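Below is IGG1-kappa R45-45-11 FAB (heavy chain) with ciclosporin bound.
Chain A corresponds to the first sequence line; subsequent lines are lettered B, C, and so forth. Throughout, chain A uses the PDB entry numbering, with the displayed residues spanning 501-511 in order. Using the numbering of the PDB entry, the residues shown for chain B are 1-214, in order. All chain C residue numbers match the PDB entry; in order, they span 1-228. Side-chain atoms are counted along with the backbone in the values below, which use heavy atoms only and exclude waters and symmetry mates. FYI, non-standard residues read as parent or X, and their leftover atoms are not counted in contacts.
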Amino acid sequence: XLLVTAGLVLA
Amino acid sequence: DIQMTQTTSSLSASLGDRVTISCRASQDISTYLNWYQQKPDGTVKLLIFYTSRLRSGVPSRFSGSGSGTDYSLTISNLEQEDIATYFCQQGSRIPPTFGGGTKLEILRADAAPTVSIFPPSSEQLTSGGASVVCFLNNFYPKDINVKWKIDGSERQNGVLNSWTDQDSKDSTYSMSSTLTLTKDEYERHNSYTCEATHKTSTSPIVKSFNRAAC
Amino acid sequence: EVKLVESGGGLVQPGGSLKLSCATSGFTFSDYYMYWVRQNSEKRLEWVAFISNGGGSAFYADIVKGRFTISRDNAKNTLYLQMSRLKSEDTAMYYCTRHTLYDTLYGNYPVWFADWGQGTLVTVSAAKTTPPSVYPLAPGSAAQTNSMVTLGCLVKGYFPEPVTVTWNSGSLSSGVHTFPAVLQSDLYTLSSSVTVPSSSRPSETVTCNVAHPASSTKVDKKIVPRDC
């Protein structure tokens, strides 16, 4: 999806 | 916050050289480290992200490694174009914190300055002040020293000195020295001398104008 | 390509308010997180705030939390920083950027500062805006028996920054050197030189065109040959 914080984000 | 430390803030290397810029995090930042390039005119671009991963459009010449707290940007083969200031930034914790930058300068063959001396302009004088300008253009290395001398005596007060950044195409520097006085002070003397001392010369570089043979 | 253009800087007294904007084109603004980053005189970069593409969440760096509000108009492709309660510490070049989620095999890697704009300077100070006085520098009286001739232009005693110096409106860009501005007393001075060939000036005319937006000033100076 649209996660934008620290580290690996999936969807 | 996490503190980023860049070991060197200025380094100079020759075209062709391999340069490694280093970054160090106060804490393990798990490879979540990115490199930026800010060029002489303020423009900034992403160069490498997730410590080794290059983004599209960037040269293969840039590579980046690291584990834990230690990171490196290696520029395999310095090109002219790489004069800029490089910043690492950690993305492990919030806030993102930036390192202080490493300015890269390109080492090149010595060039002696072309100096020009400019007498105060008529418009200035009628208004009151007298500023005499000295341009010492196109030289290398950066380190130069100017002295103004008014009728033999060096004047040290009221001098504003500015250097340009390294010219992107011939790796040269330019400097401008202005001496400001009052018209009254200015007309009380007849010879103005701009004296440059720099590596390329034994004898000082001297420009002069006598207010009557101006 | 992608364009991030920030506008809005200029002088503000301490305690004041100013509002920056950042016009974005070449990408669907509604799908990107937007950010402000700032850099001071010492070249230190600082993250100041971010807002989610929807508008819903805005997050702040402690030093501006409570004084700066971030916002966006998704319909106009513009992002804002309303700056109030300014402190001189806030003096900096302000930049705006968009996020980008990069593909890793096992997750996406979030880059907050993927694409940056050119920046807009804000100087926070009680100093009154001062226009620049511009002076043409022409060669000394001893007849030019040189190939090339260097002419110059001095732009003296102005505030705030910036000032734009062009030579013949763009037409002379080879051999142009514009020096950084040094704060002399409470006002800046910069200079710029051009080296044109002896067959060009005095024959054809050279002009330094200088603009200081903060006092809405634009002066054009014909550098004329020296009189005796």
Locate ciclosporin in the structure and give every matching ligand or chain. chain A
Ciclosporin (chain A): other chains, heavy-atom cut-off 4.5 Å: B, C
Using heavy-atom distances under 4.5 Å, tell me whether C/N53 contacts chain A (ciclosporin) through its side chain, its backbone, both, or neither. side chain
Chain C organism per PDB: Homo sapiens
Give the name the PDB entry assigns to chain B. IGG1-kappa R45-45-11 FAB (light chain)
Is chain A (ciclosporin) contacted by the side chain of C/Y109, its backbone, both, or neither, given a heavy-atom distance below 4.5 Å? both
Heavy-atom cut-off 4.5 Å, strictly under: side chain, backbone, both or neither for C/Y35 against chain A (ciclosporin)? side chain
For C/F59, which atoms come within 4.5 Å of any heavy atom of chain A (ciclosporin): side chain, backbone, both, or neither? neither
4.5 Å heavy-atom contacts with ciclosporin (chain A): B/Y32, B/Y50, B/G91, B/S92, C/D31, C/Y33, C/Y35, C/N53, C/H99, C/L101, C/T104, C/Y106, C/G107, C/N108, C/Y109, C/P110, C/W112
Which residues of ciclosporin (chain A) have a heavy atom within 4.5 Å of any heavy atom in chain C? A/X501, A/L502, A/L503, A/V504, A/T505, A/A506, A/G507, A/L508, A/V509, A/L510
